[PDB]
Peer 1: 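Please find one structure pasted underneath; my questions will follow.
Position 1 is the first residue of the sequence, and the numbers go up from there. These numbers come from the heavy atoms of this one structure, side chains and all, not from hydrogens, waters or symmetry mates. Read the numbers this way: they start at 1 and go in the same order the structure lists the ligands and their atoms.
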Amino acid sequence: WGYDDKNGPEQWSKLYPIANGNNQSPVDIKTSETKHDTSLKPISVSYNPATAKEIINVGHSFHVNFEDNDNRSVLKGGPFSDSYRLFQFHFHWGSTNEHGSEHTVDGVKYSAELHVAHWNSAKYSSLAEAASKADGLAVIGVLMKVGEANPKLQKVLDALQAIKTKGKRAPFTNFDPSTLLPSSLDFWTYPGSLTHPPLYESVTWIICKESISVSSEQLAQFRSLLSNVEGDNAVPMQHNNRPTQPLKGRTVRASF
Ligand SMILES: *CCOCCOc1cc(C(F)(F)F)cc(C(F)(F)F)c1
Ligand SMILES: CC(=O)Nc1nnc(S(N)(=O)=O)s1
Ligand SMILES: [Zn+2]
(Lines of atoms letter the chains of each structure in order from A and count residues from 1; the text may use other names and numbers.)
(Lines give C-alpha, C1' and ligand atoms only; values in the text may rest on other atoms or scores of the structure.)
(Ligands and ions follow the chains in the order given, each with its own letter.)
Protein backbone atom coordinates (compact mmCIF):
# COMPACT_ATOMS: atom_id res chain seq x y z
CA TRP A 1 0.00 0.00 0.00
CA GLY A 2 0.88 3.71 -0.31
CA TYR A 3 -0.20 7.28 -1.15
CA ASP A 4 0.64 7.03 -4.85
CA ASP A 5 -2.14 6.86 -7.44
CA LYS A 6 -1.62 3.14 -8.07
CA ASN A 7 -1.71 2.06 -4.41
CA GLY A 8 -3.38 4.99 -2.67
CA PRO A 9 -6.43 5.62 -0.43
CA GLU A 10 -8.63 4.73 -3.41
CA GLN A 11 -7.19 1.24 -3.82
CA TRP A 12 -7.08 0.55 -0.09
CA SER A 13 -10.58 -0.97 0.02
CA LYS A 14 -9.97 -3.32 -2.82
CA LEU A 15 -7.19 -4.44 -0.41
CA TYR A 16 -8.27 -3.71 3.25
CA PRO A 17 -12.10 -3.81 2.99
CA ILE A 18 -12.70 -1.99 6.30
CA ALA A 19 -11.79 1.29 4.53
CA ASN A 20 -15.47 1.42 3.58
CA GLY A 21 -16.40 0.62 7.17
CA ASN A 22 -18.43 2.78 9.56
CA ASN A 23 -15.72 4.29 11.76
CA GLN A 24 -13.17 5.72 9.37
CA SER A 25 -10.80 8.57 10.13
CA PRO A 26 -10.00 11.33 9.32
CA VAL A 27 -13.32 13.22 9.15
CA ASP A 28 -14.59 16.78 8.73
CA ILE A 29 -15.62 18.31 12.06
CA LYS A 30 -18.73 20.47 11.45
CA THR A 31 -18.87 22.76 14.49
CA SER A 32 -22.55 23.76 14.26
CA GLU A 33 -23.14 20.04 14.84
CA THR A 34 -20.80 19.12 17.71
CA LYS A 35 -22.13 18.34 21.19
CA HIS A 36 -20.74 19.62 24.50
CA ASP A 37 -20.56 16.54 26.64
CA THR A 38 -20.39 17.20 30.33
CA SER A 39 -18.62 13.98 31.38
CA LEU A 40 -15.56 15.07 29.43
CA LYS A 41 -12.78 15.92 31.89
CA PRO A 42 -9.86 17.91 30.51
CA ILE A 43 -6.92 15.97 29.09
CA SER A 44 -3.78 15.56 31.18
CA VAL A 45 -0.51 14.72 29.44
CA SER A 46 2.32 13.49 31.62
CA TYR A 47 5.24 12.46 29.35
CA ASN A 48 8.81 11.62 30.33
CA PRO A 49 11.64 13.01 28.18
CA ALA A 50 13.70 9.89 28.84
CA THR A 51 11.24 7.45 27.22
CA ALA A 52 12.28 9.07 23.94
CA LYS A 53 14.00 6.22 22.08
CA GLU A 54 14.61 6.75 18.35
CA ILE A 55 13.46 8.32 15.07
CA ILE A 56 12.95 6.10 12.00
CA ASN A 57 11.92 6.38 8.36
CA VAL A 58 9.03 4.08 7.43
CA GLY A 59 8.89 5.14 3.77
CA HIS A 60 5.49 6.85 3.66
CA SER A 61 6.36 8.93 6.69
CA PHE A 62 8.71 8.94 9.67
CA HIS A 63 7.99 8.15 13.32
CA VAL A 64 9.44 9.18 16.62
CA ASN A 65 9.28 6.24 19.00
CA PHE A 66 8.98 5.94 22.81
CA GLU A 67 9.54 3.30 25.49
CA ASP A 68 6.21 1.74 26.47
CA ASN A 69 6.79 -0.90 29.17
CA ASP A 70 5.56 1.16 32.12
CA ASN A 71 3.19 4.11 32.48
CA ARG A 72 6.07 6.62 32.52
CA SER A 73 4.40 8.66 29.77
CA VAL A 74 0.62 8.73 30.07
CA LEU A 75 -2.43 10.23 28.48
CA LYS A 76 -5.04 10.67 31.17
CA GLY A 77 -8.30 12.63 31.20
CA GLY A 78 -10.87 13.48 28.57
CA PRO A 79 -13.33 10.62 27.79
CA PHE A 80 -10.94 8.08 29.33
CA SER A 81 -11.52 6.16 32.52
CA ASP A 82 -8.15 4.52 31.93
CA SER A 83 -4.62 5.84 31.50
CA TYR A 84 -3.16 5.50 27.98
CA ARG A 85 0.51 4.94 27.23
CA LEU A 86 2.56 7.04 24.78
CA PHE A 87 4.49 4.95 22.23
CA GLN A 88 4.85 7.10 19.09
CA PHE A 89 4.19 10.40 17.40
CA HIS A 90 4.42 11.40 13.74
CA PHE A 91 3.09 13.79 11.06
CA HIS A 92 0.98 14.20 7.92
CA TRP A 93 1.39 16.53 5.00
CA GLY A 94 0.49 17.27 1.38
CA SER A 95 1.69 18.17 -2.10
CA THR A 96 1.38 21.88 -1.28
CA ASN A 97 0.78 24.22 1.67
CA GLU A 98 -3.00 24.31 1.45
CA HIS A 99 -3.83 20.69 2.36
CA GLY A 100 -1.49 18.40 4.26
CA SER A 101 -3.79 17.78 7.22
CA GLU A 102 -6.01 14.71 7.44
CA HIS A 103 -8.83 16.19 9.51
CA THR A 104 -10.66 19.26 8.30
CA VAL A 105 -12.77 21.56 10.43
CA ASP A 106 -15.73 23.15 8.72
CA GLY A 107 -14.19 22.10 5.40
CA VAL A 108 -10.99 24.02 6.15
CA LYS A 109 -7.93 21.87 5.29
CA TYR A 110 -4.61 22.66 6.99
CA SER A 111 -0.97 22.42 5.84
CA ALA A 112 -0.10 19.40 8.03
CA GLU A 113 -1.21 17.45 11.08
CA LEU A 114 0.45 16.16 14.22
CA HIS A 115 -0.51 12.71 15.58
CA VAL A 116 0.44 11.54 19.10
CA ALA A 117 -0.36 7.86 19.68
CA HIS A 118 -1.23 5.98 22.89
CA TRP A 119 -2.53 2.50 23.63
CA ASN A 120 -4.63 1.10 26.49
CA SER A 121 -1.84 0.10 28.89
CA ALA A 122 -4.44 -0.82 31.46
CA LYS A 123 -7.07 -2.97 29.73
CA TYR A 124 -4.55 -4.68 27.46
CA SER A 125 -1.08 -6.03 28.14
CA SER A 126 0.52 -5.27 24.77
CA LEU A 127 0.07 -2.86 21.89
CA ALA A 128 -0.46 -5.70 19.39
CA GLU A 129 -3.31 -6.87 21.56
CA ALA A 130 -4.47 -3.23 21.75
CA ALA A 131 -4.27 -2.34 18.05
CA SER A 132 -7.39 -4.28 16.93
CA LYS A 133 -9.41 -3.14 19.99
CA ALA A 134 -12.09 -0.44 19.63
CA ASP A 135 -11.00 0.93 23.02
CA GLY A 136 -7.31 0.10 22.52
CA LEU A 137 -5.78 3.24 20.94
CA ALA A 138 -6.03 7.00 21.57
CA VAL A 139 -4.52 9.54 19.16
CA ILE A 140 -4.22 13.27 19.69
CA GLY A 141 -4.60 15.29 16.53
CA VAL A 142 -3.06 18.73 16.22
CA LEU A 143 -3.82 20.83 13.13
CA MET A 144 -0.85 22.63 11.60
CA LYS A 145 -1.26 26.14 10.26
CA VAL A 146 1.30 27.51 7.77
CA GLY A 147 2.99 30.61 9.28
CA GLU A 148 5.99 31.17 11.55
CA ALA A 149 8.75 28.62 11.97
CA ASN A 150 7.79 26.48 14.96
CA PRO A 151 10.82 26.33 17.34
CA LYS A 152 9.86 22.97 18.91
CA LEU A 153 9.58 21.40 15.42
CA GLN A 154 13.24 22.13 14.75
CA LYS A 155 14.62 19.67 17.35
CA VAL A 156 12.93 16.91 15.34
CA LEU A 157 13.37 18.41 11.87
CA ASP A 158 17.08 18.61 12.67
CA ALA A 159 17.07 14.83 12.91
CA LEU A 160 15.86 13.76 9.44
CA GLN A 161 19.32 14.13 7.90
CA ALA A 162 19.97 10.80 9.57
CA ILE A 163 16.84 8.98 8.37
CA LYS A 164 16.66 10.21 4.77
CA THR A 165 16.00 6.82 3.16
CA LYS A 166 13.35 4.17 3.78
CA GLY A 167 14.34 2.03 6.75
CA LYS A 168 17.02 4.42 7.90
CA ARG A 169 16.94 4.76 11.69
CA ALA A 170 18.49 7.03 14.34
CA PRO A 171 18.46 7.34 18.16
CA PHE A 172 16.26 10.16 19.51
CA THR A 173 16.51 11.01 23.20
CA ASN A 174 15.31 13.52 25.80
CA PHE A 175 12.07 14.75 24.26
CA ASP A 176 8.79 15.90 25.76
CA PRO A 177 6.33 15.76 22.85
CA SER A 178 3.91 17.66 25.10
CA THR A 179 6.04 20.65 23.99
CA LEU A 180 4.43 20.27 20.59
CA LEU A 181 0.84 20.78 21.87
CA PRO A 182 -1.11 24.12 21.73
CA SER A 183 -1.63 26.34 24.81
CA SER A 184 -5.22 25.10 25.08
CA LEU A 185 -6.15 21.41 25.00
CA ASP A 186 -9.77 22.22 24.36
CA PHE A 187 -10.71 19.45 21.99
CA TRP A 188 -13.20 17.31 20.09
CA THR A 189 -13.48 13.54 20.26
CA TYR A 190 -15.21 10.95 18.10
CA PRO A 191 -14.80 7.15 17.71
CA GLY A 192 -12.65 6.39 14.63
CA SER A 193 -9.97 4.34 12.87
CA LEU A 194 -6.27 4.43 12.01
CA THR A 195 -5.92 6.69 8.97
CA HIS A 196 -3.63 4.47 6.88
CA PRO A 197 -3.45 0.63 6.81
CA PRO A 198 -4.02 -1.56 8.65
CA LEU A 199 -6.90 0.97 9.10
CA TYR A 200 -8.17 -0.59 12.39
CA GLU A 201 -11.40 1.06 13.61
CA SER A 202 -9.70 1.15 17.03
CA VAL A 203 -8.85 4.86 17.60
CA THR A 204 -10.48 7.24 20.08
CA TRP A 205 -9.65 10.59 18.55
CA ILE A 206 -8.61 13.73 20.39
CA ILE A 207 -8.54 16.78 18.15
CA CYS A 208 -7.15 19.93 19.76
CA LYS A 209 -9.25 22.89 18.68
CA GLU A 210 -6.12 25.08 18.62
CA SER A 211 -3.67 24.95 15.69
CA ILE A 212 0.08 25.10 15.95
CA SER A 213 2.33 26.95 13.49
CA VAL A 214 4.60 25.37 10.90
CA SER A 215 6.57 27.37 8.32
CA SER A 216 6.48 26.77 4.56
CA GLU A 217 10.13 25.70 4.70
CA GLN A 218 9.58 23.27 7.57
CA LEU A 219 6.95 21.58 5.36
CA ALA A 220 9.62 21.30 2.65
CA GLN A 221 11.90 19.49 5.12
CA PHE A 222 9.04 16.96 5.34
CA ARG A 223 9.25 16.32 1.60
CA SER A 224 13.06 16.05 1.61
CA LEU A 225 12.38 12.64 3.06
CA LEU A 226 12.65 9.69 0.69
CA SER A 227 10.13 6.93 -0.04
CA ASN A 228 12.98 4.82 -1.34
CA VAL A 229 15.82 2.73 0.04
CA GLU A 230 19.50 3.76 -0.01
CA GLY A 231 21.38 3.52 -3.33
CA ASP A 232 18.05 3.45 -5.15
CA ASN A 233 16.87 6.67 -6.81
CA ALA A 234 15.33 9.61 -5.02
CA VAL A 235 11.58 9.62 -4.61
CA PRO A 236 10.58 12.23 -2.00
CA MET A 237 7.67 11.97 0.47
CA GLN A 238 5.27 14.45 -1.10
CA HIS A 239 2.00 13.70 0.70
CA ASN A 240 0.72 11.17 3.19
CA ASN A 241 -2.76 12.34 4.17
CA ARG A 242 -6.06 10.49 3.75
CA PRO A 243 -9.19 12.22 2.40
CA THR A 244 -11.93 12.82 5.00
CA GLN A 245 -14.39 9.98 5.53
CA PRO A 246 -18.21 9.71 5.99
CA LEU A 247 -19.24 10.12 9.62
CA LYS A 248 -22.04 7.56 9.21
CA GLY A 249 -24.03 8.86 12.17
CA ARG A 250 -21.07 9.20 14.57
CA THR A 251 -21.19 11.96 17.20
CA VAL A 252 -18.36 14.50 17.54
CA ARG A 253 -18.16 15.83 21.11
CA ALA A 254 -16.64 19.18 22.11
CA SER A 255 -15.06 19.84 25.51
CA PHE A 256 -16.36 23.41 25.31
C1 LIG B 1 6.85 3.82 13.26
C2 LIG B 1 6.04 2.65 13.79
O3 LIG B 1 5.38 2.79 15.00
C4 LIG B 1 5.62 1.85 15.99
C5 LIG B 1 4.81 0.57 15.95
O6 LIG B 1 3.48 0.71 16.35
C7 LIG B 1 2.51 -0.27 16.08
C8 LIG B 1 2.75 -1.62 16.27
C9 LIG B 1 1.76 -2.56 15.99
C10 LIG B 1 2.04 -4.02 16.19
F11 LIG B 1 1.01 -4.64 16.77
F12 LIG B 1 2.26 -4.62 15.02
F13 LIG B 1 3.14 -4.11 16.94
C14 LIG B 1 0.52 -2.13 15.52
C15 LIG B 1 0.27 -0.78 15.34
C16 LIG B 1 -1.07 -0.30 14.83
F17 LIG B 1 -2.02 -0.69 15.69
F18 LIG B 1 -1.30 -0.77 13.59
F19 LIG B 1 -1.01 1.03 14.74
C20 LIG B 1 1.27 0.15 15.62
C1 LIG C 1 2.74 1.71 13.38
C2 LIG C 1 1.67 2.72 13.21
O3 LIG C 1 1.67 3.71 13.94
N4 LIG C 1 0.66 2.54 12.22
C5 LIG C 1 -0.39 3.52 12.05
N6 LIG C 1 -1.45 3.37 11.17
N7 LIG C 1 -2.35 4.53 11.21
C8 LIG C 1 -1.91 5.47 12.12
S9 LIG C 1 -2.75 7.01 12.42
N10 LIG C 1 -2.48 8.02 11.18
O11 LIG C 1 -3.68 6.92 13.54
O12 LIG C 1 -1.93 7.93 13.25
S13 LIG C 1 -0.51 4.99 12.84
ZN1 LIG D 1 -1.28 9.79 11.52
Peer 1: Which drug from the list amiloride, psilocin, acetazolamide, sulbactam appears at ligand 2 in this structure?
Peer 2: acetazolamide
Peer 1: From the contacts in this model, which chain binds acetazolamide most extensively, according to UniProt?
Peer 2: Carbonic anhydrase 1
Peer 1: Among the UniProt-annotated Zn(2+)-binding residues of chain A, which come within 4.0 Å of acetazolamide by any heavy atom?
Peer 2: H90, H92, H115, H196
Peer 1: Enumerate the substrate-binding residues UniProt records for chain A that place a heavy atom under 4.0 Å from acetazolamide.
Peer 2: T195, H196
Peer 1: In chain A, which UniProt active-site residue has a heavy atom closest to any heavy atom of acetazolamide, and what is that minimum distance to 1 Å?
Peer 2: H60, 6 Å
Peer 1: Per UniProt domain annotation, where in chain A do most residues contacting acetazolamide sit?
Peer 2: Alpha-carbonic anhydrase
Peer 1: Within 4.0 Å (heavy atoms only), which residues surround acetazolamide?
Peer 2: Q88, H90, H92, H115, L194, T195, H196, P197, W205
